[PDB]
Trainee: 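Lab note: methotrexate/Dihydrofolate reductase complex loaded, questions to follow.
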Amino acid sequence: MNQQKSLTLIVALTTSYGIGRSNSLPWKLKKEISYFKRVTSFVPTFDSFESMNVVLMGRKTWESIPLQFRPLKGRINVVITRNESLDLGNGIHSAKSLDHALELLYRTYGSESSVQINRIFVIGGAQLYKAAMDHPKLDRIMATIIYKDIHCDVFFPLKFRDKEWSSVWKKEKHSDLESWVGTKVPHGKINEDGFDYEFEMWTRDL
Ligand SMILES: NC(=O)c1ccc[n+]([C@@H]2O[C@H](COP(=O)([O-])OP(=O)(O)OC[C@H]3O[C@@H](n4cnc5c(N)ncnc54)[C@H](OP(=O)(O)O)[C@@H]3O)[C@@H](O)[C@H]2O)c1
Ligand SMILES: CN(Cc1cnc2nc(N)nc(N)c2n1)c1ccc(C(=O)N[C@@H](CCC(=O)O)C(=O)O)cc1
């Protein structure tokens, strides 16, 4: 009713868990952003008829996305916001929280609907990551790790890759990565504009 699907989080962070700086991305990765697109837009062909995935984001992230690329094309876009008097959108929903966002969707995209949801993604920011991380339906993390310690002022809320969470978070094999995002993905490090990064998939039991 409120929670049918599992939540998936997608983030890019430095080894020190930094995700932002000056309400921006401390970096510029063309291939990192294309993987983003790919992962969150992908829906099985046979189902490519009826379905769309969901991109849930907080207000600030929405404001950061190049206005030329907003709304995210091909995905159900939902902005999380308390102070929502006049959201701006032509069928771009607003919701006062993740749980409210989940019942909104579950109420709009019902059997009535010609449009049905496939997967649901939390794309940021720090603040929504924090709510997602505590949600009882969050079971997968789509993370891109950057091997540079760039200066950030925004950090990811749980050190999911540290020994302390090793009995809860498990890092899946790459072959498993590709099986889920339904495509061959670069393995090992990619270097761009001097940055060395890598794609990983972390799961947890609920
Ligand atoms: N590294 C990455 O992958 C990644 C992805 C996205 C963003 N970022 C970065 O993260 C930073 C922005 O961080 P942020 O924490 O300020 O932004 P954010 O979550 O995008 O925006 C926070 C705003 O969203 C709303 N919000 C979020 N969670 C809410 C909840 N549970 N209930 C109600 N409202 C909620 C509030 O909006 P109202 O004021 O509208 O009520 C709050 O001011 C920047 O560095 C941005 O670049 C990084
Ligand atoms: C600021 N921001 C948040 C952002 C950026 N990179 C991320 N990277 C990952 N891996 N995960 C995230 N959650 C993420 N979030 C952005 C900024 C731009 C676009 C964006 O324009 N995306 C286009 C891609 C355009 C392109 O290929 O050049 C899209 O259609 O998805 C998305 C999110």
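Here chain A follows the PDB entry, giving residues 1-206 in order. All values below were derived from every heavy atom in this structure, side-chain atoms included, with hydrogens, water molecules and symmetry-related copies excluded. First listed ligand is number 1; within each ligand, the first listed atom is number 1.
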Trainee: Which numbered ligands or lettered chains belong to methotrexate?
Mentor: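 Short answer: ligand 2.
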Trainee: Who's closest to atom 31 (O) of methotrexate (ligand 2) heavy-atom-wise, of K73, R70, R75?
Mentor: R75
Trainee: Determine whether the side chain, the backbone, both or neither of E32 has a heavy atom under 4.0 Å from any heavy atom of methotrexate (ligand 2).
Mentor: side chain
Trainee: Which residues in chain A does UniProt mark as NADP(+)-binding that also have a heavy atom less than 4.0 Å from methotrexate (ligand 2)?
Mentor: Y129
Trainee: If you measure every N/O of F36 against every N/O of methotrexate (ligand 2), is any gap under 3.5 Å?
Mentor: no
Trainee: Name the closest protein heavy atom to atom 16 (C) of methotrexate (ligand 2), giving the residue it belongs to and the distance to 0.1 Å.
Mentor: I65 CG1, 4.2 Å
Trainee: Against heavy atoms of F69, which atoms of methotrexate (ligand 2) measure under 4.0 Å?
Mentor: 21 (O)
Trainee: Heavy atoms only, cut-off 4.0 Å: how does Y129 contact methotrexate (ligand 2), side chain, backbone, both, or neither?
Mentor: side chain
Trainee: Find the residues of chain A UniProt lists as binding substrate whose heavy atoms come closer than 4.0 Å to methotrexate (ligand 2).
Mentor: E32, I33, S34, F36, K37, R75
Trainee: Would you mind finding which of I33, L13, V11 brings a heavy atom closest to atom 6 (N) of methotrexate (ligand 2)?
Mentor: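 Ranked by closest heavy atom to atom 6 (N) of methotrexate (ligand 2), first place is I33.
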Trainee: Can you find an N or O of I10 that's nearer than 3.5 Å to an N or O of methotrexate (ligand 2)?
Mentor: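 Yes; the residue has a nitrogen or oxygen that sits under 3.5 Å from a nitrogen or oxygen of the ligand.
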Trainee: Can you tell me which residue and heavy atom of the protein come closest to atom 15 (N) of methotrexate (ligand 2), and the distance to 0.1 Å?
Mentor: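 Heavy-atom neighbour on the protein nearest atom 15 (N) of methotrexate (ligand 2): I123 O, 3.7 Å.
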Trainee: Any atoms of methotrexate (ligand 2) less than 4.0 Å from a non-hydrogen atom of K37? List them with their elements.
Mentor: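 That gives atoms 30 (O), 31 (O) of methotrexate (ligand 2).
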Trainee: Can you help me figure out which UniProt domain of chain A most of the residues touching methotrexate (ligand 2) belong to?
Mentor: dhfr
Trainee: Which one of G74, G125, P66 has a non-hydrogen atom at the shortest distance from atom 18 (C) of methotrexate (ligand 2)?
Mentor: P66
Trainee: Give me the residue, atom name and distance of the protein heavy atom closest to atom 1 (C) of methotrexate (ligand 2).
Mentor: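 Scanning the protein heavy atoms, the shortest distance from atom 1 (C) of methotrexate (ligand 2) goes to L25 CD2, 3.8 Å.
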Trainee: So which heavy atom in the protein is nearest atom 20 (C) of methotrexate (ligand 2), and how far is it from that ligand atom?
Mentor: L72 CD2, 4.2 Å
Trainee: Tabulate residues with any non-hydrogen atom nearer than 4.0 Å to methotrexate (ligand 2).
Mentor: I10, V11, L25, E32, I33, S34, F36, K37, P66, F69, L72, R75, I123, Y129, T144
